[PDB]
Every structure is written in structure tokens, then in C-alpha cells.
Amino acid sequence: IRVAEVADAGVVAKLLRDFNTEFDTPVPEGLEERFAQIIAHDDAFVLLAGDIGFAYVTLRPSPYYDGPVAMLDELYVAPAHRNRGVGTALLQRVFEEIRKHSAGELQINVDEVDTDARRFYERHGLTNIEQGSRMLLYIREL
Amino acid sequence: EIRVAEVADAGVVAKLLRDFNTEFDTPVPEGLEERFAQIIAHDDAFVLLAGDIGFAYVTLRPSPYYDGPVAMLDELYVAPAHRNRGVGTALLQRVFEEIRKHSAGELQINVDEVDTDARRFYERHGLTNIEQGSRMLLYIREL
Ligand SMILES: CC(C)(COP(=O)(O)OP(=O)(O)OC[C@H]1O[C@@H](n2cnc3c(N)ncnc32)[C@H](O)[C@@H]1OP(=O)(O)O)[C@@H](O)C(=O)NCCC(=O)NCCS
Ligand SMILES: CC(C)(COP(=O)(O)OP(=O)(O)OC[C@H]1O[C@@H](n2cnc3c(N)ncnc32)[C@H](O)[C@@H]1OP(=O)(O)O)[C@@H](O)C(=O)NCCC(=O)NCCS
Ligand SMILES: NC[C@H]1O[C@H](O[C@H]2[C@H](O)[C@@H](O[C@H]3O[C@H](CO)[C@@H](O)[C@H](N)[C@H]3O)[C@H](N)C[C@@H]2N)[C@H](N)C[C@@H]1O
């Protein structure tokens, strides 16, 4: 696993394209050019497991912590390479990398029906319960 | 009325967040004012203030899905004695207005399932918990 460089924007864009296609979710135009800009800056990073898996992490400020709040905005391993520990290794490296940023928390948006992903996340120390209540994510696309 | 907070307003914002956390029996971390002063001054974030009775804290972060950022309404609060009079609605409308200046492609809000009044508020104002026929859950690990 490596932190992506700007030179990796093309492979990151390919993997997100494959991800969204697999899940019948639209593929934005211009992914490679945006990833090249995003990777060049310090409020986000991408981890690559060779060319077959990736984690996209954003950082944003919080008044609760000197460091940022981290969000795992995308986690994906190519279908032929799943169930071999790649995703586990990616997530562990997420924690290691955000720790270098003194991140106070990791947050992940997860669809409720994705029970296999939820089992993976809960196995690795993420929780959806806060004081007996589930935490919900509400959005408005603009 | 509602204004974008300046660095000098950090103390007002910290007070409101303290009151917010005190209302819901949540620990109030130290250094709130000093951190809000830095966040307001330097970071990709902003605070909206309704007088000194309410605020919205919004962060902006990168997205490959569009040119602009994805916005997160990380805190929204109206003092108890001033609720149910449209202040919260006014703050949220101004949130949409300000993030539109940043060409934000999406607004996201984390809401506890048991906060039914807050959920009805967000749902009444164009936010949805449903994506592809499924609820969206927020998973965390505190570090
Ligand atoms: C979820 C995912 C990143 C995990 O990576 P991985 O390399 O397959 O995971 P690991 O080998 O380290 O651990 C296996 C766990 O991953 C989960 N998993 C495996 N395949 C999965 C799949 N198609 N979809 C969802 N979860 C899967 C399971 O929980 C599995 O645990 P199990 O042994 O109890 O069945 C990967 O499977 C994937 O990309 N799935 C589809 C996209 C997705 O769900 N991303 C989650 C972001 S919200
Ligand atoms: C949620 C909140 C920001 C809305 O501000 P507001 O000025 O009361 O809202 P408005 O007057 O514009 O609209 C009224 C709606 O606000 C909601 N509301 C009122 N009091 C509320 C309360 N204690 N908690 C949650 N929502 C409340 C209700 O949905 C109400 O609609 P209703 O008349 O059908 O019951 C404010 O009530 C509040 O600070 N609540 C406690 C903190 C909170 O829950 N924040 C939500 C972030 S997840
Ligand atoms: N079912 C798995 C999904 O994983 C990823 O979404 C990741 C997105 O972060 C989550 O979606 C959120 O993030 C994306 C991108 O910002 C927005 O398009 C979307 N409206 C917003 O809800 C999303 N709800 C879960 C996942 N963590 C894939 N991009 C799509 C795939 O369907």
C-alpha cells in the first residue's frame, strides 16, 4: 500500500469508475483531472493497493480536536482481489495515515443495505451507535 | 439577522457550542474559542451566526464528483428559548446560500436516528436519508 502521487490519478480514476459501474452509480466526467488536483493538496489523500484497490480520505477541521476529522469517502477493492485481506490492509493504513495528521475521528458513510461492508467495518472498530441511537446521514444534491 | 462569523466572533460561537453540548449532557472540550478563531480565519469552513442565539458550522472538503467541494453541516443549533420561530430554517437557508457561493455539489448532515424533531426539520427542508432505496448510516471511530 502506498500514498498516491499526482502521477497515480489515472489509476485512482479507473478504480472509482469500476466501483461506481459495479454499483449502478453514476460515473462523473473528469475524475482523473480532479484526482490530480485533489492529490496535490494536503486536505485529502488516496491510498493504493497496487492498482487493484484504493481508499480516498478527506480531512476537515473540527473545534473538538487540534487535528482534523477524517472521512473515508471511498473504499474499494477490485472484485477478483477481494476476500484476501486487501481491504483490511487499506483500512489499517487509513488509520495509520490519519494518525500522522492527528485526526480525532474517522467517519464513514455506509448504505444500510450493504451488510457485508457493514460487517467488515464493525469488525474493524467502527460503530454506528451513539448513546443507543443509530447515526444517520442526510444529504441534498445541489 | 444572520451573518458570517468573523474571527472576533469565535467567543460567541464557542459559547453557543458549549451551551449546545451542555444541553445534551455532552463533554465540552477545552480550547473551543481558540480553535474556532483559527478555523474561521484560515480553513475551508465557516460559521453562520443568528445574533447570539444560534449558529451553523459548515466545513468544505474536496470531491472528485464535481469541481466544487462537498459541504457538511457539522453543527446547527438554536438556543432553546428561541426555537420554533424560524431561526433554524433561516440558518439552513443561509447555509445553502453560502455553500452555493463555493459551488458545493452536495450538503451532508449527520443526524441521530432518535432526534425525530431534527429529522423532520431536515426532511421538511429538502434533505434525504435515502440513497438507492436504502438509508445511509454514519459509522465512526473516535481516536
Ligand atoms: C468492502 C471491501 C473494501 C473489503 O475489501 P476486502 O479486500 O474484500 O476485505 P477483506 O478480505 O480484508 O475482509 C473480508 C471482508 O470484507 C467484506 N467483503 C468481502 N467482499 C465483499 C463485497 N463484495 N462487498 C461488500 N463486502 C465484502 C466482508 O465483510 C468480508 O468479511 P467475511 O469474511 O465475514 O465475509 C471490498 O470487499 C469491496 O470493495 N466491496 C465492494 C465495495 C464496498 O462495499 N466498499 C465499502 C465502502 S462503504
Ligand atoms: C433543530 C433546530 C436547529 C431547528 O431550529 P428552530 O429555530 O427551532 O427551527 P424552525 O423554527 O425554523 O422550524 C421548526 C422545526 O424545528 C424542529 N424543532 C423544534 N424544536 C426542536 C428541538 N428541540 N430539537 C430538534 N428539532 C426541533 C422541529 O422539526 C420544528 O418543526 P415542527 O413545528 O413541525 O415541530 C433547533 O430546534 C435546535 O437547535 N434543536 C436542538 C439541537 C438539534 O437538534 N440540532 C439538529 C442538528 S442534527
Ligand atoms: N453501496 C456502496 C457505495 O459506495 C461508494 O459510495 C460511498 C459514498 O461515500 C456514499 O455516498 C456519499 O458520497 C458520495 C460522493 O461524495 C455522494 O455521491 C453521495 N450522494 C453521498 O451519499 C455512499 N452512500 C456509501 C460509500 N461510502 C460508491 N461511490 C457507490 C457505491 O454504491
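Lettering: A, B, C, ... assigned in the same order as the sequence lines. Note that chain A carries the PDB entry numbering, so the residues on display, from first to last, are 7-148. The PDB entry numbering applies to chain B: residues 6-148, in that order. If you check the header, you will see the structure was determined by X-ray crystallography, 2.0 Å. Counting starts at 1 for both ligands and their atoms, in listed order.
- The drug or drug candidate found at ligand 3 is tobramycin.
- Of the chains in this structure, the chief binding partner of tobramycin is, as the PDB entry puts it, Aminoglycoside N-acetyltransferase AAC(3)-XI.
- Those other chains that come under 4.0 Å from tobramycin, heavy atoms only, are A, B.
- The contact residues of tobramycin, taking heavy atoms under 4.0 Å, are given as A:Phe25, A:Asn26, A:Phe29, A:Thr31, A:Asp79, A:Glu80, A:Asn115, A:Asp117, A:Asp120, A:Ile145, B:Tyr70, B:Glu111, B:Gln113, B:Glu136, B:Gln137, B:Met141.
- Of the protein's non-hydrogen atoms, A:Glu80 OE1, 3.8 Å is the one closest to atom 6 (O) of tobramycin.
- Of the protein's non-hydrogen atoms, the one nearest atom 25 (C) of tobramycin is A:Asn115 O, 3.1 Å.
- Atom 17 (C) of tobramycin has B:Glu111 OE1, 3.5 Å as its closest protein atom, hydrogens excluded (heavy atom only).
- Atoms of tobramycin found under 4.0 Å from any heavy atom of B:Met141 (numbered from 1 in listed order, with element): 22 (O).
- Summary of contacts: the protein heavy atom closest to atom 8 (C) of tobramycin is A:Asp79 O, 3.6 Å.
- Taking atom 1 (N) of tobramycin as the reference point, the nearest protein heavy-atom neighbour is A:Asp120 OD2, 2.6 Å.
- Residue B:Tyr71 has no nitrogen or oxygen atom sitting less than 3.5 Å from a nitrogen or oxygen atom of tobramycin, judged on distance alone.
- Between B:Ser68 and tobramycin, a contact under 3.5 Å exists for no N or O pair.
- Protein heavy atom at the shortest distance from atom 22 (O) of tobramycin is B:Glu136 OE2, 3.0 Å.
- In terms of protein heavy-atom proximity, atom 15 (C) of tobramycin is nearest to B:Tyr70 CE1, 3.5 Å.
- Scanning out to just under 4.0 Å from tobramycin turns up other ligands and ions: ligand 1 (coenzyme A).
- For chain A, the entry records the source organism Corynebacterium striatum.
- Protein heavy atom in closest approach to atom 24 (N) of tobramycin: A:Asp117 OD1, 2.7 Å.
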